[PDB]
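Structure (with salicylamide).
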Amino acid sequence: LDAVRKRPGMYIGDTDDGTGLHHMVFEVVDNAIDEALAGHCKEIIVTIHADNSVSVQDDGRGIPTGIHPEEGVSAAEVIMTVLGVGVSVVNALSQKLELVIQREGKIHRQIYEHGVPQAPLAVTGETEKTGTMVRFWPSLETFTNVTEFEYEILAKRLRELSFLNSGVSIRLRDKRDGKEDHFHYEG
Amino acid sequence: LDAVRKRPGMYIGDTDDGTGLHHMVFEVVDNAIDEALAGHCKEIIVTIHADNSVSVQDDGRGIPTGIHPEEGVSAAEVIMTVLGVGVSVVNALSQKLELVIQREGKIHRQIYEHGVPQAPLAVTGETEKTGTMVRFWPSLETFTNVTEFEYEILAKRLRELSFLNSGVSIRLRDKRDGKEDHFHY
Ligand SMILES: NC(=O)c1ccccc1O
Ligand SMILES: NC(=O)c1ccccc1O
Ligand SMILES: Nc1nc2ccccc2[nH]1
């Protein structure tokens, strides 16, 4: 991840005009949609929290959690810490990031700061759902000037995306004012 | 450098009881001593600054600044960022690290935060002098509970080092209260 840290703008775009910041959400959403697309009920929920973090939930199969035999850490950690630009870029540029994976009846949780995992991916409970959820807090050491998410920027893009991804339900929620949208196209 | 940030304890020592924290200084000092050994004068100065940073100055040749043919960045940057434990460890665990090299008539300067270079090593001026200086501010995300440098802990170790490195003068200064020592065998 140090390559990204060294030159953030080569990976995420302009980190001062808001464009980079919103790219962060779109990269996460891209991964989520690819997760949702590989199930029948396909749903993703994009939430803008009051603390200016964003979470993206998918009801997919759940990112793989097994230990990667070469890297010696969970496959999820590898995905979040190695290398659309990849989710590891979002992680590298987040002051915090919380990963929650439901798979094989288990809840898996990990936390990152600035791309550095605070502990190994841990089974912390049980569940009968499946899916991956990523919530991130953009690094204010990187993103300057425009540091808060614009509901409308997200809405427009999610709506455009809905017509390309048939059968995928996409919900957008803004916890700062209670605004909500649901984009779900026919097919 | 992510393997150090992932388990800093394994590289530097205990990060909650003051062990790791002082060890950051000792690693830097080892590098400085190596440098002072290969020049004339042979002196290092260790300074505790009032803002809980430490600086370690040598009067050595200056560490090399030329571009590293494999890594493609200055050799000094290679030293500060690619994995005694290595000064890269110190750099990785410091919220800020300032590097100043006086080499071949020129002053070179670089700033890191959490081991990330803010810019490439750059020529900033001319000088007569030779030497390397690193000043580092230990990360308060890593180092907890014991977060202020203890004078006498540094003093104890430097004294031992003075006997082992016979020709080297080691000065220790505390800017918080003016305390000072001079260890020279
Ligand atoms: N946020 C997600 O749901 C996600 C899903 C799969 C891979 C990476 C991700 O960030
Ligand atoms: N601080 C020094 O005088 C030093 C000298 C050589 C290499 C790394 C260093 O930290
Ligand atoms: N605050 C902060 N910024 C960082 C950048 C890279 C790794 C760790 C860091 N902690």
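So that the names make sense, note that chain A is the first sequence line, chain B the second, and so on, each numbered from 1. FYI, side chains are in, hydrogens and waters are out, and symmetry mates aren't considered; it's all heavy atoms of this structure. Order of appearance sets the numbers: ligands from 1, and atoms from 1 within every ligand.
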Problem - Location of salicylamide - result: ligands 1 and 2
Exercise for the section: Count heavy-atom pairs within 4.5 Å of salicylamide (ligand 2) for each chain, then name the one with the most as the PDB entry does. Expected result: DNA gyrase subunit B
Problem - Chains in contact with salicylamide (ligand 2) (heavy atoms under 4.0 Å) - result: B
Practice task
Would you mind listing which atoms of salicylamide (ligand 2) come within a distance below 4.0 Å of any non-hydrogen atom of B/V28?
Solution key: 1 (N), 10 (O)
Problem - Element-labelled atoms of salicylamide (ligand 2) that are located less than 4.0 Å from some non-hydrogen atom of B/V134 - result: 1 (N), 9 (C), 10 (O)
Problem - Ligand-side contact atoms (salicylamide (ligand 2)) for residue partner B/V56, heavy atom cut-off under 4.0 Å - result: 1 (N), 2 (C), 3 (O)
Handout entry: B/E35 neighbourhood, listing salicylamide (ligand 2) atoms whose heavy-atom distance to it stays under 4.0 Å
Key = 5 (C), 6 (C)
Exercise for the section: Report the organism recorded for chain B in the deposit. Expected result: Escherichia coli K-12
Exercise for the section: Would you mind listing which atoms of salicylamide (ligand 2) come within a distance below 4.0 Å of any non-hydrogen atom of B/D58? Expected result: 2 (C), 3 (O), 5 (C)
Problem - Contacting atoms of salicylamide (ligand 2), where contact means under 4.0 angstrom from a heavy atom of B/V87 - result: 10 (O)
Practice task
Looking only at distances, please establish whether an N/O atom of salicylamide (ligand 2) is found under 3.5 Å from an N/O atom of B/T132.
Solution key: yes
Practice task
Write out the binding site of salicylamide (ligand 2) as chain and residue number, heavy atoms closer than 4.0 Å.
Solution key: B/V28, B/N31, B/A32, B/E35, B/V56, B/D58, B/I63, B/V87, B/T132, B/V134
